[PDB]
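Note sheet for the following structure.
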There are 2 protein chains.
Amino acid sequence: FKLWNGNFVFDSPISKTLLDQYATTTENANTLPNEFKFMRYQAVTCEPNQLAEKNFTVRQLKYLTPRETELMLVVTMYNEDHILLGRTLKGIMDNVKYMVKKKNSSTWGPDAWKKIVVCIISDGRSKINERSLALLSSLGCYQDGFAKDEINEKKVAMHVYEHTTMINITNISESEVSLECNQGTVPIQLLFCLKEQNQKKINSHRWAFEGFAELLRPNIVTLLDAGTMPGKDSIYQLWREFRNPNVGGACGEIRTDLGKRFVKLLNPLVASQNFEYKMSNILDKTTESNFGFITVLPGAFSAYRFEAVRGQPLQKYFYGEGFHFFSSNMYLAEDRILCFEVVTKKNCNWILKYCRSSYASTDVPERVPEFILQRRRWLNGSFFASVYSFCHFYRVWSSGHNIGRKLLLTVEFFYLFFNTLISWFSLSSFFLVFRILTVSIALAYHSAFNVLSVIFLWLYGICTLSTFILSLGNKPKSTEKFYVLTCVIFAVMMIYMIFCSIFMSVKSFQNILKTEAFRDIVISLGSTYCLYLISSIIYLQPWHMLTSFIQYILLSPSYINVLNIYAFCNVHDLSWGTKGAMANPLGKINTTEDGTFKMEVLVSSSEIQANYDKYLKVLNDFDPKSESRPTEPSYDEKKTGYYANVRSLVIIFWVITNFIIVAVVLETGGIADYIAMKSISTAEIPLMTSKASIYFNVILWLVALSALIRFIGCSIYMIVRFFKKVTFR
Amino acid sequence: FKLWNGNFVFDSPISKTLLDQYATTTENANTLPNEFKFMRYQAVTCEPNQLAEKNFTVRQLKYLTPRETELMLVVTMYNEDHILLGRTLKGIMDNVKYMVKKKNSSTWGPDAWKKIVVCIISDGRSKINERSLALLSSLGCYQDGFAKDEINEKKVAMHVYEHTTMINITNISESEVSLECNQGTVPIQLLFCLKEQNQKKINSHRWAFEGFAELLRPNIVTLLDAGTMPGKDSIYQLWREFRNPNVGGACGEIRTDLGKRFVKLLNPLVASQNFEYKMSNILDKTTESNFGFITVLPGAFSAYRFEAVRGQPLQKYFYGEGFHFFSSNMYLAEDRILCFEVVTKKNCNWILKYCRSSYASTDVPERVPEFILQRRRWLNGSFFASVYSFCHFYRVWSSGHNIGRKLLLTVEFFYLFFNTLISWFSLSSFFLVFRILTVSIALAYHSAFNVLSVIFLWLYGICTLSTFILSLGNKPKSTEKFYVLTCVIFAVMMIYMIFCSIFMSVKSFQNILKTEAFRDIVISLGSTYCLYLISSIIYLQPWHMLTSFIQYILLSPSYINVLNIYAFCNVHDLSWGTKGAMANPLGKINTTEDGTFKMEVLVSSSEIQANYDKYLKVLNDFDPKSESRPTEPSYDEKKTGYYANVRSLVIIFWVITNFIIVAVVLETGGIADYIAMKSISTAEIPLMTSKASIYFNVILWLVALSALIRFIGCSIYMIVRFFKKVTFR
Ligand SMILES: CCCCCC/C=C\CCCCCCCC(=O)O[C@H](COC(=O)CCCCCCCCCCCCCCC)COP(=O)(O)OCCN
Ligand SMILES: CCCCCC/C=C\CCCCCCCC(=O)O[C@H](COC(=O)CCCCCCCCCCCCCCC)COP(=O)(O)OCCN
Ligand SMILES: C[C@@H]([C@H](N)C(=O)N[C@H](C(=O)O)[C@H]1O[C@@H](n2ccc(=O)[nH]c2=O)[C@H](O)[C@@H]1O)[C@H](O)c1ccc(O)cn1
Ligand SMILES: C[C@@H]([C@H](N)C(=O)N[C@H](C(=O)O)[C@H]1O[C@@H](n2ccc(=O)[nH]c2=O)[C@H](O)[C@@H]1O)[C@H](O)c1ccc(O)cn1
Ligand SMILES: CCCCCCCCCCCCCC
Ligand SMILES: CCCCCCCCCCCCCC
Ligand SMILES: CCCCCCCCCCCCCC
Ligand SMILES: CCCCCCCCCCCCCC
Ligand SMILES: CCCCCCCCCCCCCC
Ligand SMILES: CCCCCCCCCCCCCC
Ligand SMILES: CCCCCCCCCCCCCC
Ligand SMILES: CCCCCCCCCCCCCC
Ligand SMILES: CCCCCCCCCCCCCC
Ligand SMILES: CCCCCCCCCCCCCC
Ligand SMILES: CCCCCCCCCCCCCC
Ligand SMILES: CCCCCCCCCCCCCC
Ligand SMILES: CCCCCCCCCCCCCC
Ligand SMILES: CCCCCCCCCCCCCC
Ligand SMILES: CCCCCCCCCCCCCC
Ligand SMILES: CCCCCCCCCCCCCC
Ligand SMILES: CCCCCCCCCCCC
Ligand SMILES: CCCCCCCCCCCC
Ligand SMILES: CCCCCCCCCCCC
Ligand SMILES: CCCCCCCCCCCC
Ligand SMILES: CCCCCCCCCCCC
Ligand SMILES: CCCCCCCCCCCC
Ligand SMILES: CCCCCCCCCCCC
Ligand SMILES: CCCCCCCCCCCC
Ligand SMILES: CCCCCCC
Ligand SMILES: CCCCCCC
Ligand SMILES: CCCCCCC
Ligand SMILES: CCCCCCC
Ligand SMILES: CCCCCCC
Ligand SMILES: CCCCCCC
Ligand SMILES: CCCCCCC
Ligand SMILES: CCCCCCC
Ligand SMILES: CCCCCCC
Ligand SMILES: CCCCCCC
Ligand SMILES: CCCCCCC
Ligand SMILES: CCCCCCC
Ligand SMILES: CCCCCCC
Ligand SMILES: CCCCCCC
């Protein structure tokens, strides 16, 4: 044929079956648009930022009247099953169908499907699941055969398939994705585009933001994820938060998919994540949404105003600039740098909201090795984005916000830093609460609490040493049975700690009715748990405070110890130099039956003598003093050596600063020996001092203060939403 | 031309200059043998064990009367300078020249050079230093041009050059290797053979033992390293130990090359290694030689009787057999498995001798990162060979030794295991000696020794934590300035420890003349240092007890802590799975000026419909219950996961067992708290207990007992040698 100005663009038909199905939808089979009968394949052979320059287009811009996209739903996928992708697509099509049935809308209506463009971006053709390709092909958005690797000695970077389908998923069973095309389906503009090389997930967003977003010029860019099924109208509810111009990015609630009839609650790891997510979306997102800066907008379900992110925010997201600390480690916070650069944008008053009435059930890990590896990225990004946000807090005052909002933002950044400092010292805080609570009960009532205080300290020491060693030089999949054992041991430690607290609390009552432990029950059961329960109730979602709350408590020591140790030990995912330099090729010999071969060799006396003199002048012009500089590292081998140095100086600084607090409260590290020796000069060490009780009270009142601030934030969020509801009635 | 039975063999001439030089040597230029005028190049394209089978030969077997090789000197080299190789070659040619001038010999004489075959084996052609190639080419054993990469679609495994040279090195300056050919030179049968691929060092010995040793059938095989210059007659003295049939392997003294006028003694790291080597060859080699089993025969200078190692010992050395502990990890002890399998050989009474009068100065690391990486292999091999030797000690009694020697060997194995147990607990032993000595001086005399006991404990804790973290997840070359700082800090700790010992020793004397510390001076200065001095003196080599003995003491804490921590943290040199699976190739498009290209595409309704149904039956026959088993690891990624599990279970077991002793002597780990709490039940902790003094005395009397056993062994060795000297007068 002929290509489209240096671009391979083939406009092929779909199939007889799909055409018949689509024709059943319309009242007249003759009047079927030109978008449902074809599937335009393009071979993009350039960078995403050069898409418009290299004359690559999409089908939305080639209509007689160009379509103005209002939502660009972006579904990043990689090796996900057809059930995970089908679950995400069913939510999108339910949202589009809901957004078409609306009547009292100035944006949505009978022709609302032309404003949404669904853009599935798979990460590598070699890694995509064949069942996912089968599902996309059954939707009319993928045909086998047109996947050319190279176009005019230019490698193809992406294969872009686009087809406005009429097929909608209507049911996702455990093994079946039901695809009906009746009179009650809506068209979906599919733009499934899969890469050739697996260039991670940030590059998928680079393709969706610097690439197709530039051509589409959408208003909002909702970033879904493969496996994350939004609600019946959650994307529409998330889009409703952009009615006021100030919002330049919003996020919804992400729930946990508990399976058929809540079957996954039996898994203690899934139930713990359920409660953690519910608390994150009741106390963290609601509190941060009041100030106007949400720490992370989840990549699984979030929406950005395109105008808000275009420019400096996306510039630091993708490139972000030597080996400097804030420029070489900025990639740890993948999409958390996109939230800080939008709120703190020069001459722009952007804020981030959290939509309570827009949910999206996701798929969470069910196994410890898969759960630990996920939270390493989460913890590393959250730590590196909090350090970046606090250090660059002066950029709030260089933005276009008013003074009233700037003050709230700088108050929130201090609170976020205080939370970061609490989470940094959690390794020492848990050990000190455990060690003070199990020693102060062995002094008060002795009996078997004596040897139990030594058994559980040694068990802690062994489980923490082994976690440090298995995290620095071993993989979680290598040792799955030990990480589960460590989680079980820390759960036993938490059970013992709770028992000790209840015992010393009931004994204090029976001593008064017939102190550090007297106010220990109005600090962690009445001021902390009751506030969580009330916050969950006022959120109108209290059913997780009993279904999945014990598994969270029993697994919290694993969150503090196993999870943070592994996150801090694998900061940078090192690989070390692996090049394998190759020598210059030499000649070839291919003998015959008798073995005679060509003669092109050197036998001449002069020719041999010249080589001998060449090897004789090398020995004669060595010149040791002017020794050539030893070959210095490359960049990938020099850059790994810096990531290793940053990684190790973080573990050392995090272990030493946590131990300094343990060395001050419990007087370990020779501190007690030194104090006793001074008294000798002017010979015994006390077991428990007065610093231990003061620290215990302080570290359990900080937990109550954080819960109280989070409760106040949640209440303010709910009250403001209720007032915006009573005024829009 | 024509090849030699499927083998590329070219018999080229050398050069006009070399022929003239050789002709100057002979009285008549016409009567020059055929071996000095040619250089037979061969292209070996097979495994070393198939060398004879695939009709590959050497020049000694093609004479009219085949030459019987008596010594096969094997010089393994890899990327070494031309000075390092020239230094090794000068010693070999001095030895050959010494072995020709002998007259009262039934093996050596005017034609003794026909029995020695020097076999240089370089490890990779891409890595060999071009100046080393220049030096070999100037010796007439390498010509550029004949290095074919493949012979009849069969990759060339080695390029074998062989030429009996007449050129001898007579002086090695800092940058010049003097090559004269006068009337006082001896021929050297060179067999320089370099590989194509860098297959490590064990494969070089596989080529030298299963390969050219099979063809040559030598009596002795001396293993040198490029850079190790033997003495004027050290190889002859080493060969002289094989006169008695019992010896099936011998080794000489390895010294340190201190440079021109002992310039390298300024380096404290070189001076420390000097003393360590001196003591190793005065107290370890001499003591072990009496029993008849030397723990390691150094790869830099050792000799094996060919018939002694030929068979089961070499089979274990090279292949040595699942993931079993003694079969998967036995490669850690590279050549230490060759020593144990020779002494404990079925129906063979082989013993290993140590030759005092055969030395070889070597090149030692001058920088901390290079010194740490070398000693990792040494420590790991010595630990894995001691565990193997002790566990398989029953194989001594299944060998052909007599009962008297079997009893001596089983007595030696228990002593070697006791030394291994001491070196395993050195991490705790040093800390306990340091902590007991700096606390017991702060109680006795207070003053500034109080805060110094806490500063130095915290300094130790920081330097040990940082060494553990920098060893598990960082490379020594990445952090060179920190390892030097850690060595300096441990040297300061040793200076303080020595000061504390001297202080408390002089105070005890001034208290008695006007106890754990009273006998502290007759345990570590009179029973340990005096025995070292006397052993060095009776060895007739005492000059290192003063030149390089302070730098050894100041660097011993680094040997105990930095060196062992790094060795135990990097047991297996992991790399983790790095494969990068590739997808199937797709089509190609090459457009023309107008962009028209060939049409071989699918447009047919049936052909598209068949693909659509193919992607519709994949979505229809998912069958989740009969789910395909998840793709299990390969072998290189499954074998790394086992080396990681063995590596981590060694660090955990080595840290926990060392801390148990610290938890028993100092009562840390809640032991003191638990002891005080029992007294509460029937409230203060003592600073120093009576267990600390008992352990201090025990751990400093074990040091004296080991030194006494080593002194007795050295004295017996010297006395036996003196009696063998007075009888052979
Ligand atoms: C020999 C075994 C080696 C094991 C190595 C494990 C891996 C990494 C490095 C660990 C560094 C500490 C090594 C062991 C030191 C030790 O067992 O020493 C003890 C405990 O001392 C304490 O407090 C210990 C407190 C816990 C330390 C946590 C890890 C290190 C964090 C940073 C360290 C900073 C400096 C710490 C200095 C101690 C001194 O007990 P004592 O004689 O005072 O008891 C008097 C009772 N009446
Ligand atoms: C919060 C900081 C975490 C740092 C993590 C560093 C890396 C690896 C794991 C280390 C495990 C130990 C964590 C810290 C425990 C600790 O600081 O706890 C202290 C010291 O306790 C002791 O003895 C400590 C002795 C030294 C421990 C050596 C390393 C571990 C060896 C293997 C484990 C063996 C069992 C260890 C049990 C502790 C309890 O002091 P105390 O309240 O009794 O002092 C009463 C004074 N009147
Ligand atoms: C964890 C997340 C979801 N379960 C998930 O796993 N998301 C992946 C990710 O974000 O890493 C997705 O990234 C894409 N991906 C991955 C690898 C690659 O190499 N290339 C590539 O494109 C895939 O779509 C892949 O599913 C969950 O919803 C969630 C819950 C709470 C929260 O606060 C934030 N998120
Ligand atoms: C350390 C040793 C010597 N300084 C040395 O470094 N020997 C290397 C080694 O044994 O590893 C040699 O091995 C060869 N090699 C190396 C890498 C490779 O990839 N391929 C390859 O062939 C090279 O000849 C290389 O010099 C010293 O003499 C000594 C002192 C005391 C003792 O008890 C034992 N040994
Ligand atoms: C979570 C952040 C903790 C920061 C340190 C808190 C404790 C400070 C010492 C308290 C006891 C002081 C006794 C004199
Ligand atoms: C005086 C009574 C002592 C009773 C000791 C009981 C010990 C029980 C075994 C250890 C249990 C450890 C649970 C983690
Ligand atoms: C005199 C009685 C002393 C008892 C000491 C008990 C020490 C127990 C240490 C912790 C062992 C933990 C095993 C997991
Ligand atoms: C006293 C010994 C304690 C051992 C603790 C567990 C160590 C586990 C290390 C990894 C082994 C392989 C697990 C799959
Ligand atoms: C299929 C793997 C399931 C793993 C579930 C979580 C294991 C750890 C449980 C920790 C709590 C134990 C309480 C007794
Ligand atoms: C003062 C009366 C004490 C009676 C004995 C209490 C023993 C408690 C043991 C708890 C074991 C389970 C811990 C998780
Ligand atoms: C909050 C903790 C920060 C820890 C890292 C600080 C910066 C480290 C930079 C290391 C550079 C090493 C260059 C060789
Ligand atoms: C960063 C280097 C180590 C710093 C250690 C600081 C210890 C401070 C102890 C203060 C006294 C605590 C008991 C009153
Ligand atoms: C180097 C090997 C050491 C093995 C342990 C030695 C010490 C044993 C305890 C000594 C003190 C006992 C006090 C009751
Ligand atoms: C009562 C007198 C106290 C003197 C203290 C001296 C401290 C000197 C600084 C720390 C030196 C550390 C050397 C490693
Ligand atoms: C009452 C005075 C207390 C002094 C405490 C000093 C603690 C020192 C800890 C060690 C610091 C080491 C720095 C390298
Ligand atoms: C080249 C070295 C880079 C940094 C590696 C980590 C060294 C950490 C040493 C201790 C720092 C101070 C802790 C208080
Ligand atoms: C070129 C590098 C030389 C390194 C020499 C050794 C450094 C460590 C010395 C330890 C002893 C210091 C005594 C004060
Ligand atoms: C009993 C008199 C004591 C006088 C003060 C002694 C101080 C010693 C300090 C040593 C510093 C250097 C250690 C390496
Ligand atoms: C002397 C110390 C020996 C430590 C290692 C013991 C054997 C460990 C085997 C681990 C196998 C793990 C299989 C998953
Ligand atoms: C391997 C698991 C831990 C074992 C700890 C053993 C501790 C034994 C202590 C014995 C009492 C010491 C003071 C008298
Ligand atoms: C020289 C390159 C920038 C270095 C910035 C260091 C920031 C350290 C922050 C520490 C926070 C506790
Ligand atoms: C951020 C939380 C750090 C750890 C606080 C203590 C956790 C355990 C509390 C147990 C109370 C009985
Ligand atoms: C005086 C009797 C006190 C009994 C306390 C029982 C505490 C049980 C805690 C269970 C936590 C899961
Ligand atoms: C990052 C610093 C952590 C330690 C802070 C100081 C702890 C000691 C305070 C002593 C007060 C008497
Ligand atoms: C099952 C394969 C062989 C396992 C041999 C284990 C030997 C352990 C030795 C431990 C010495 C302390
Ligand atoms: C094998 C040696 C282990 C450590 C023994 C103690 C070393 C320091 C001795 C200091 C004496 C003053
Ligand atoms: C009473 C005075 C004692 C002085 C002790 C000095 C010890 C110096 C040791 C130096 C070791 C390198
Ligand atoms: C490998 C085992 C190391 C510890 C040996 C026992 C230590 C405690 C002995 C207690 C005697 C009272
Ligand atoms: C469904 C998996 C249940 C695991 C329970 C572990 C305690
Ligand atoms: C309207 C903004 C309210 C902020 C409340 C912060 C607690
Ligand atoms: C930019 C690095 C320093 C930040 C200081 C913030 C107060
Ligand atoms: C212009 C920067 C003002 C910072 C105020 C911090 C409270
Ligand atoms: C623009 C919103 C202002 C909120 C109140 C600030 C004090
Ligand atoms: C009273 C001592 C009991 C020891 C129990 C060890 C598990
Ligand atoms: C999934 C691995 C289970 C191990 C259980 C250890 C208690
Ligand atoms: C020749 C190198 C001397 C280094 C001295 C370091 C203390
Ligand atoms: C003749 C064998 C002597 C052995 C002595 C061992 C100490
Ligand atoms: C072969 C593994 C066990 C050895 C026991 C030696 C006593
Ligand atoms: C046949 C094995 C005998 C062992 C004796 C050990 C002393
Ligand atoms: C064969 C040498 C024997 C030495 C004496 C053994 C007791
Ligand atoms: C008397 C306290 C001195 C502290 C010195 C810290 C280095
Ligand atoms: C070779 C690096 C020297 C660092 C010195 C630190 C004291």
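So that the names make sense, note that chain A is the first sequence line, chain B the second, and so on, each numbered from 1. Whatever order the structure lists ligands and atoms in, that order sets their numbers, starting from 1. Only heavy atoms go into these numbers, but all of them, side chains included; no hydrogens, no water, no symmetry mates. So this one's electron microscopy, 2.9 Å, going by the header.
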Got a name for the drug at ligand 4?
nikkomycin Z
What's the chief chain around nikkomycin Z (ligand 4) in this model, going by UniProt?
Chitin synthase 1
Provide the letters of the other chains having heavy-atom distances to nikkomycin Z (ligand 4) under 4.0 Å.
B
Using UniProt's numbering from the N terminus, which transmembrane segments of chain B place a non-hydrogen atom under 4.0 Å from nikkomycin Z (ligand 4)?
none
As deposited, does any covalent linkage tie nikkomycin Z (ligand 4) to a residue, and which atom would that be?
none
Nikkomycin Z (ligand 4): binding-site residues, heavy-atom cut-off 4.0 Å
B/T76, B/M77, B/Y78, B/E80, B/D123, B/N198, B/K200, B/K201, B/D225, B/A226, B/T228, B/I254, B/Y277, B/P298, B/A300, B/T362, B/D363, B/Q374, B/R377, B/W378
